[PDB]
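Depicted below, ketoconazole in association with Vitamin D3 dihydroxylase.
The residue numbers of chain A are those assigned by the PDB entry, with the residues present covering 7-408 sequentially. Below, each value reflects all heavy atoms present in this structure, side chains not excepted, and no hydrogens, waters or symmetry copies. In each ligand, atom 1 is the first atom listed, and ligand 1 is the first ligand listed.
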Amino acid sequence: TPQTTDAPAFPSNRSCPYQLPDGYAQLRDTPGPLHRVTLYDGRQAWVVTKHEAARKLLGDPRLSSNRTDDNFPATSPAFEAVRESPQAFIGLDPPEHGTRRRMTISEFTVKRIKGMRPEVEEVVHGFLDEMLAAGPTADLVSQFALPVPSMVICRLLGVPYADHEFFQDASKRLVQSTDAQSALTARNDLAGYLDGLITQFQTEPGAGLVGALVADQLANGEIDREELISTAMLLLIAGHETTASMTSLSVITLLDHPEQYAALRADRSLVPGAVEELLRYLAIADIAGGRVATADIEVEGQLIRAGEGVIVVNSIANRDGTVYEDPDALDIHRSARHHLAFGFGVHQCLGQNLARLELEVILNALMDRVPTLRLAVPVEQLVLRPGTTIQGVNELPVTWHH
Ligand code: HEM
Ligand SMILES: CC(=O)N1CCN(c2ccc(OC[C@H]3CO[C@](Cn4ccnc4)(c4ccc(Cl)cc4Cl)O3)cc2)CC1
């Protein structure tokens, strides 16, 4: 008897870095803002698959971000690590979301990001210096894509880059965790490290966001010590793991579209617009779209009930053809405005403009310093991370004219 279902398994895994999984193309192609899916443990949930309905639902305070709710949609057993408190503000609703978020925004302003450009350029060209001096073949991930945003986010936070071996290993173990025990261990490892850093700042006040939170909000009782740990850990992992994935997938994608990459090198004024298109097209943080309804929500004749899980799948929303004509075509010249790679609304990515800065500087540096850059293995041989985490590749063999 047939196996066809009306609530297919979710998430799906990419088989090409810049292509929707087959099941997601199916969801994109079916009319209506929502579709039922089956999560890993058999629970049904809703996915949002259309662009404006995704903006609307991201804007709806009845869809809560509280990951500790028992009805929050967990997409893998590893969710239990981040299901355990205290949540950073990414998992808070108004008004608590605002009080905590505002403790960090000063580090991510347009003015501050502008002020970081000389640092980002120096760090990028330093790791390129070292990689190009050693000659090919190199893994772009370990040699460049990951160290660059790690060094930058360390100075922003006041986390000593000398500890990068420890905290990068713990972050990777957390990001890649496929069961709760592995994820909790990695999280506990980072948590204890950050607790010791807090104690060091209480002895010796210091620079960086962590040092600022310790000396002010923590000392006034306005943030819990373990809330500070959760917030710093969010920013540290988002600050280097997510951006690193965006670099490697962008390089793969541009090399698979040689005409567009050549147009980009020939006119660097196109880089900001290319960055927006790559963000729309690669949408690497599908995993960040989970919500839980605290009240019934009517959506174009379909009803979300209080207690149901909803996942706003921004990658599928970003392929909405009513917003992006020929949505599966990479076009660095198109209008990629209003894309949802960073979300929308009160939770829109705090790091978005640092990510935009870093990708711009990195793309120009690679075109400047390594114009002969090419992959050292076929694209099909690369290993893509599954849909249960941030999209990316575990390694990226590259070569170039030595
Ligand atoms: C290409 C890189 C990145 C992408 C695609 C991305 C994606 C996202 C998305 C989709 C959200 C919305 C989550 C939701 O609605 O629940 C978000 C939130 C957030 N991101 Fe990013 N992110 C990136 C880089 C960064 C960086 C570099 C940081 C630096 C610390 C960062 C920090 C945050 C924070 C703190 C939030 C929570 C915002 C809030 O709850 O008010 N992200 N991100
Ligand atoms: C639920 C599940 O399957 N898993 C496995 C993947 N996990 C994971 C993945 C990435 C990660 O990096 C930093 C976290 C911080 O926020 C996200 C998304 N993000 C990244 C940058 N800006 C936002 C995120 C990621 C996962 C989930 Cl469920 C929700 C969210 Cl907002 O990454 C930290 C943990 C742990 C939970």
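Counting repeats, the structure shows ketoconazole at ligand 2. Polar contact with ketoconazole: absent for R73 (N/O pair, distance under 3.5 Å).
Per the entry, the organism of origin for chain A is Streptomyces griseolus. Taking atom 6 (C) of ketoconazole as the reference point, the nearest protein heavy-atom neighbour is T394 O, 3.4 Å. Within ketoconazole, counting atoms from 1 as listed, the ones closer than 4.0 Å to a heavy atom of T248 are 20 (C), 21 (C). With respect to atom 12 (O) of ketoconazole, the closest heavy atom belonging to the protein is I243 CG2, 3.4 Å.
At the shortest separation from atom 10 (C) of ketoconazole among protein heavy atoms lies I396 CG1, 3.9 Å. When each atom of ketoconazole is checked for a heavy atom of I293 under 4.0 Å away, the hits are 25 (C), 26 (C), 27 (C), 28 (Cl), 29 (C). At the shortest separation from atom 11 (C) of ketoconazole among protein heavy atoms lies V181 CG2, 4.0 Å. Atom 34 (C) of ketoconazole has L180 CG, 4.2 Å as its closest protein atom, hydrogens excluded (heavy atom only). Every atom of ketoconazole with a heavy atom of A294 under 4.0 Å away is listed here by number and element: 18 (C), 31 (Cl).
Ranking protein heavy atoms by distance to atom 15 (C) of ketoconazole, first place goes to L240 CD1, 3.3 Å. Of all protein heavy atoms, the one closest to atom 22 (N) of ketoconazole is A244 CB, 4.0 Å. UniProt lists residues of chain A as binding calciol; of these, a heavy atom within 4.0 Å of ketoconazole is found for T81, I293.
The nearest heavy-atom contact from the protein to atom 16 (O) of ketoconazole is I96 CD1, 3.8 Å. Other-chain residues and nucleotides with a heavy atom under 4.0 Å from ketoconazole are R73, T81, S82, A84, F85, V88, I96, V181, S183, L240, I243, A244, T248, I293, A294, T394, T395, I396.
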Does ketoconazole have any N/O pairs with the protein under 3.5 Å, and how far apart?
residue: ketoconazole; atom: 3 (O); partner: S82; partner atom: OG; Å: 3.3
residue: ketoconazole; atom: 3 (O); partner: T394; partner atom: O; Å: 3.2

